[PDB]
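Lab note: Macrophage migration inhibitory factor, methotrexate bound.
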Amino acid sequence: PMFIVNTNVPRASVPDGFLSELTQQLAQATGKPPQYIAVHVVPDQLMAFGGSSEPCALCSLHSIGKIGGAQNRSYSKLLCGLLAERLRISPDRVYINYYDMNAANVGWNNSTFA
Amino acid sequence: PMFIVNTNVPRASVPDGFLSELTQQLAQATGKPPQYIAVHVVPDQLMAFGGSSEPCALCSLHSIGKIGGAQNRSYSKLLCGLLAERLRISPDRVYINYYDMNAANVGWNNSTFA
Amino acid sequence: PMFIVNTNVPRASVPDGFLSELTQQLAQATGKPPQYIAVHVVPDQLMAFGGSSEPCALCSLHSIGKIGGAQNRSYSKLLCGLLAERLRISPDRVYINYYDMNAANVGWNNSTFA
Ligand SMILES: CN(Cc1cnc2[nH+]c(N)nc(N)c2n1)c1ccc(C(=O)N[C@@H](CCC(=O)O)C(=O)O)cc1
């Protein structure tokens, strides 16, 4: 799985250990080994949410499977909780786009997962 | 709806007010209120189009519905027009990927829109 | 086609010629004219892969057609090879998401490719 957060929160406000916390929490949430979890945080972005430049985040979670109605509700609670606690971003200023990827459409290690 | 633009145009060439103009015009174009619109501009990027480093842009528009052939032609005219007028990017050096998101695959405020 | 690479490798470690090589090799691999190839490299990113912040890359290839099982395996060998040779990223620390875009869902030059 791959989780990306783009945010206008400044770099210095991203706490040490945030990438490792995201890795462990997403490994637990997706049921996949941490070795497969990729995380990417992009601070200092020029972005607005609802016309406002107060703290916000635009995010995506891609996974081969483990994506669906109830699962995505759970991921949204988990990830909004982490963004609120660690980055001080209100959950109503976060969007997360979820992508269920087919194995043939994910390259890795000179091939794909197909 | 969520609109992202990545461009090699420098930050100082992004005019004041641009995020608000994008918010307003996308609200009108999609039929969703400004409150739902997120916009994200990423200047100073290392990118080429057709092998050339002349000004260019790679963009995304994500929406739950309101995506389709005629609508996407209209969005492209609107958004290429804005990028040409405000960022001086030729419309033939812009790509915009459109994504019709399922409500269950969009998270916000601790849940999803399903 | 459009290829994006996000990496924690620093900007100074991206060699001169990288975007040009990606453009030429992707034109060759996809069979599309280089005039239609867009490339984008984003170094200096805060990211981790599998619990490690050693060099890694999260990438996307979007194309109208030219996407499929065998084609994506070939692209992954080509692109992981380039990332290893030029950026010193191990191929097992690379993810590439492939997207077969409908022509009506790609804006360009004030319209779509439909
Ligand atoms: C971002 N959204 C949530 C929201 C709801 N439905 C959607 N439905 C679709 N199809 N797409 C998106 N993006 C949607 N987003 C959003 C943002 C701000 C207010 C808002 O300012 N509400 C007023 C009025 C209260 C109310 O909405 O009941 C307020 O003062 O809080 C509502 C919704």
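Chains get letters A, B, ... in whatever order the sequence lines come in. All chain A residue numbers match the PDB entry; in order, they span 1-114. Residues 1-114, in that order, are what chain B shows, numbered as in the PDB entry. Chain C is numbered as in the PDB entry; the shown residues are, in order, 1-114. Because only heavy atoms are used, hydrogens play no part in the values below, and waters and symmetry mates are left out as well, while side chains stay in. Quick check of the header: X-ray crystallography, 1.3 Å. Just so you know, ligand 1 is whichever comes first in the structure, and atom 1 is the first atom listed for that ligand.
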Item checked: Chains under 4.0 Å from methotrexate (heavy-atom) -> A, B
Note to self: Yes or no, since that's all I need: does a protein heavy atom fall within a distance strictly under 4.0 Å of atom 5 (C) of methotrexate?
What the structure shows: yes
Next item on the list: Provide the nearest UniProt active-site residue in chain B relative to methotrexate and the minimal non-hydrogen distance to 1 Å.
Entry: B:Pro1, 4 Å
Next item on the list: Filter the residues UniProt lists as binding substrate in chain B to those having a heavy atom under 4.0 Å from methotrexate.
Entry: B:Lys32, B:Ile64
Check: Heavy atoms of the protein only: does one fall short of 4.0 Å from atom 10 (N) of methotrexate?
Finding: yes
Margin query: Got a sec? I need the residue and atom in covalent bond with methotrexate, or none if there isn't one.
Written below: none
Notebook entry, point to check: Any non-hydrogen protein atom below 4.0 Å of atom 31 (O) of methotrexate?
Noted result: no
Notebook entry, point to check: To which protein heavy atom is atom 7 (C) of methotrexate closest, and what is the distance rounded to 0.1 Å?
Noted result: B:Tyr36 CE2, 3.4 Å
Note to self: When you compare methotrexate with B:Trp108, is there at least one nitrogen or oxygen pair between them that comes in under 3.5 angstrom?
What the structure shows: no
Margin query: Using a 4.0 Å cutoff against the non-hydrogen atoms of B:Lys32, which atoms of methotrexate qualify?
Written below: 10 (N)
Item checked: Heavy-atom protein contact below 4.0 Å for atom 24 (C) of methotrexate -> no
Check: Got the closest protein heavy atom to atom 17 (C) of methotrexate, with its distance?
Finding: B:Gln35 O, 3.6 Å
Check: For atom 15 (N) of methotrexate, which protein heavy atom lies nearest, and how many Å away is it?
Finding: B:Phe113 CZ, 3.2 Å
Next item on the list: Among all protein heavy atoms, pick the one closest to atom 13 (N) of methotrexate and tell me residue, atom and distance.
Entry: A:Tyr95 OH, 2.9 Å
Checklist line | Residues lining methotrexate, heavy atoms within 4.0 Å | finding: A:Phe49, A:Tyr95, B:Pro1, B:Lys32, B:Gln35, B:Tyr36, B:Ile64, B:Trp108, B:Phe113
